[PDB]
**Student:** 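This structure shows avibactam (bound form) in complex with Beta-lactamase OXA-48.
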Amino acid sequence: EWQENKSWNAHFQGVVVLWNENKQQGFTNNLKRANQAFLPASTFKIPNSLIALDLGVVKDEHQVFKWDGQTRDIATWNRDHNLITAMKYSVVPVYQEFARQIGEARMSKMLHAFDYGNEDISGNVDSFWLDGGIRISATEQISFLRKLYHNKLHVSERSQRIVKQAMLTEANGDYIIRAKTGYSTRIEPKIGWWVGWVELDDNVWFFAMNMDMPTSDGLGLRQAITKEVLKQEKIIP
Amino acid sequence: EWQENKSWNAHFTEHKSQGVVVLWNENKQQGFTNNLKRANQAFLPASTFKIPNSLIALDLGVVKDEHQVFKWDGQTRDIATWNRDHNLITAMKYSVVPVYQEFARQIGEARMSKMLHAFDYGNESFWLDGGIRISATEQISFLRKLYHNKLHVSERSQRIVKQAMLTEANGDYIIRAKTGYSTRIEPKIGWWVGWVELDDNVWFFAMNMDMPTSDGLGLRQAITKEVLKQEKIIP
Ligand SMILES: *C(=O)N1C[C@H](NOS(=O)(=O)O)CC[C@H]1C(N)=O
Ligand SMILES: *C(=O)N1C[C@H](NOS(=O)(=O)O)CC[C@H]1C(N)=O
């Protein structure tokens, strides 16, 4: 079952989707948007990373991808990266290289096995997640993460553990968050994503949210509105 | 290259205690401590032994994974959080001795001994009232092997124990570590060992300190972070 709970509309426009792993129930503020597919954008770094590691395009979390020297918009982009940092600073050029070397045939094969969204890579092999034909909703995101969480994707366990390490966002004595932000820019309607999960001592709560993002301004709200939902729901303090 | 820094003693002095922190700059392969002698004095590992113990239990299959549930034996102990079911993640977080005691009995003395020798861990419930001793400088040497997946256990066993050691993370650093409290033999001391991952570097640390009562326990982490701040490692 799924409860719709419109009170979180207050903290917003967009949708927040929770799955209670133990109880095996869901929660959202908009059943219908929860099922509306969008461009994944940088949340594509999760399955890109999984595929790059399983195929050995990436050796491990330590391998250095060296800055090509050309200076791009985001300053954190313009240095050397490994997988941990590339993922922290959402470094597109690193992941483009990954996509090229994966190739179009292996990429779609992998996406079909992951049952990822609409499973469709039309557009450029190095930007389809931004402006090609790929589409995934919040509930499709959760569904993918659930599998990632349990090591049941059709890639090695090792590859699964490394990406979840690279997904590390926050941890304290209350909870651990593993997640990835995204910001769909090239194609309407512009939207900001956050998806991942929060680990508790004796449960795990999966989450996917997106919201309208007409401006670069509101990016902080992806975390802040999701966290406000998590408190009202007393999942975190 | 080791460098002795007496200024850190004021972080100990400030709470009327004494102790050592040892720091290791992985990129530069340089160490730093406030007390060279105590750096290399060997103490009972106490709960920091949960590190090699966890590694060994996983590599052998005594623990199958971080979700395997170790149920409470129903005997009520005085850490309240121990009186519940646990997995590897929680048992490490709440430092749950009777789960780890089960691990050790199942590992057994032969296999334990030969695994610790392969780890080059310490000297040649023993971690708490008995035999094994290790120094803060040796904890770091052991942790560095772990960090690099260089121990004689599977890569997998090393990644699960590192996941289990996760203590703190934010946009500035990740800390993976383990606290300990040696209470049975003099001198009663507290420990915190582990490391800090930055974007560009990792800093390993190992600290111990006189701990006559459980009241100063918080100082293990606090004095350590006071030292990390002084050296511009965290904000
Ligand atoms: C991913 O969506 N992108 C890469 C980069 N980081 O976005 S994030 O803050 O959500 O991680 C900039 C936005 C976007 C892009 N323009 O490619
Ligand atoms: C380990 O040193 N111990 C188990 C438990 N944890 O304390 S910790 O926070 O220092 O790790 C209580 C004290 C100690 C013990 N007596 O075994």
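The alphabet sets the chain names here, A first, running in the order the sequence lines are given. To match the PDB entry, the residue numbers of chain A are left as they are there, and the shown ones run 24-35, 41-265. Using the numbering of the PDB entry, the residues shown for chain B are 24-147, 155-265, in order. In each ligand, atom 1 is the first atom listed, and ligand 1 is the first ligand listed.
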**Student:** Heavy atoms under 4.0 Å from avibactam (bound form, ligand 1): which other chains do they belong to?
**Tutor:**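 Within the heavy-atom cut-off of 4.0 Å: A.
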**Student:** Hi! What's sitting within 4.0 Å of avibactam (bound form, ligand 1) if we only look at heavy atoms?
**Tutor:** A:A69, A:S70, A:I102, A:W105, A:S118, A:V120, A:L158, A:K208, A:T209, A:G210, A:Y211, A:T213, A:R250
**Student:** What residue and heavy atom of the protein are closest to atom 8 (S) of avibactam (bound form, ligand 1), and at what distance?
**Tutor:**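 Checking every protein heavy atom, the shortest distance to atom 8 (S) of avibactam (bound form, ligand 1) gives A:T209 OG1, 3.7 Å.
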**Student:** Which atoms of avibactam (bound form, ligand 1) sit under 4.0 Å from any heavy atom of A:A69?
**Tutor:** 2 (O)
**Student:** Do any N/O atoms on A:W105 end up under 3.5 angstrom from N/O atoms on avibactam (bound form, ligand 1)?
**Tutor:** no
**Student:** Check this for me - avibactam (bound form, ligand 1), A:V120, N or O atoms closer than 3.5 angstrom, yes or no?
**Tutor:** no
**Student:** For A:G210, counting its heavy atoms only, list the atoms of avibactam (bound form, ligand 1) lying under 4.0 Å from any of them.
**Tutor:**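 Atoms satisfying the 4.0 Å criterion: 2 (O), 10 (O).
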**Student:** With heavy atoms of A:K208 as the reference, note each atom of avibactam (bound form, ligand 1) found under 4.0 Å away.
**Tutor:**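 Answer for avibactam (bound form, ligand 1): 11 (O).
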**Student:** Among all protein heavy atoms in this structure, tell me which lies nearest to atom 12 (C) of avibactam (bound form, ligand 1), with the distance rounded to 0.1 Å.
**Tutor:**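 So the nearest neighbour among protein heavy atoms is A:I102 CD1, 3.9 Å.
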**Student:** Any idea which protein heavy atom is nearest atom 17 (O) of avibactam (bound form, ligand 1), and the distance to it?
**Tutor:**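 Looking only at protein heavy atoms, the one closest to atom 17 (O) of avibactam (bound form, ligand 1) is A:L158 CD1, 3.3 Å.
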**Student:** Identify the closest protein heavy atom to atom 10 (O) of avibactam (bound form, ligand 1): which residue and atom is it, and at what distance?
**Tutor:** A:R250 NH1, 2.8 Å
**Student:** Between A:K73 and avibactam (bound form, ligand 1), is there a nitrogen or oxygen pair with a distance under 3.5 Å?
**Tutor:** no
**Student:** Identify the closest protein heavy atom to atom 14 (C) of avibactam (bound form, ligand 1): which residue and atom is it, and at what distance?
**Tutor:** A:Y211 O, 3.5 Å
**Student:** If you restrict chain A to its UniProt beta-lactam-binding residues, which of them have any heavy atom nearer than 4.0 Å to avibactam (bound form, ligand 1)?
**Tutor:** A:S70, A:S118, A:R250
**Student:** List the residue and atom at the covalent anchor point of avibactam (bound form, ligand 1), or write none.
**Tutor:**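 As deposited, the covalent bond from avibactam (bound form, ligand 1) reaches A:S70 OG.
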**Student:** Closest non-hydrogen protein atom to atom 2 (O) of avibactam (bound form, ligand 1), residue and atom name please, with distance?
**Tutor:** A:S70 OG, 2.4 Å
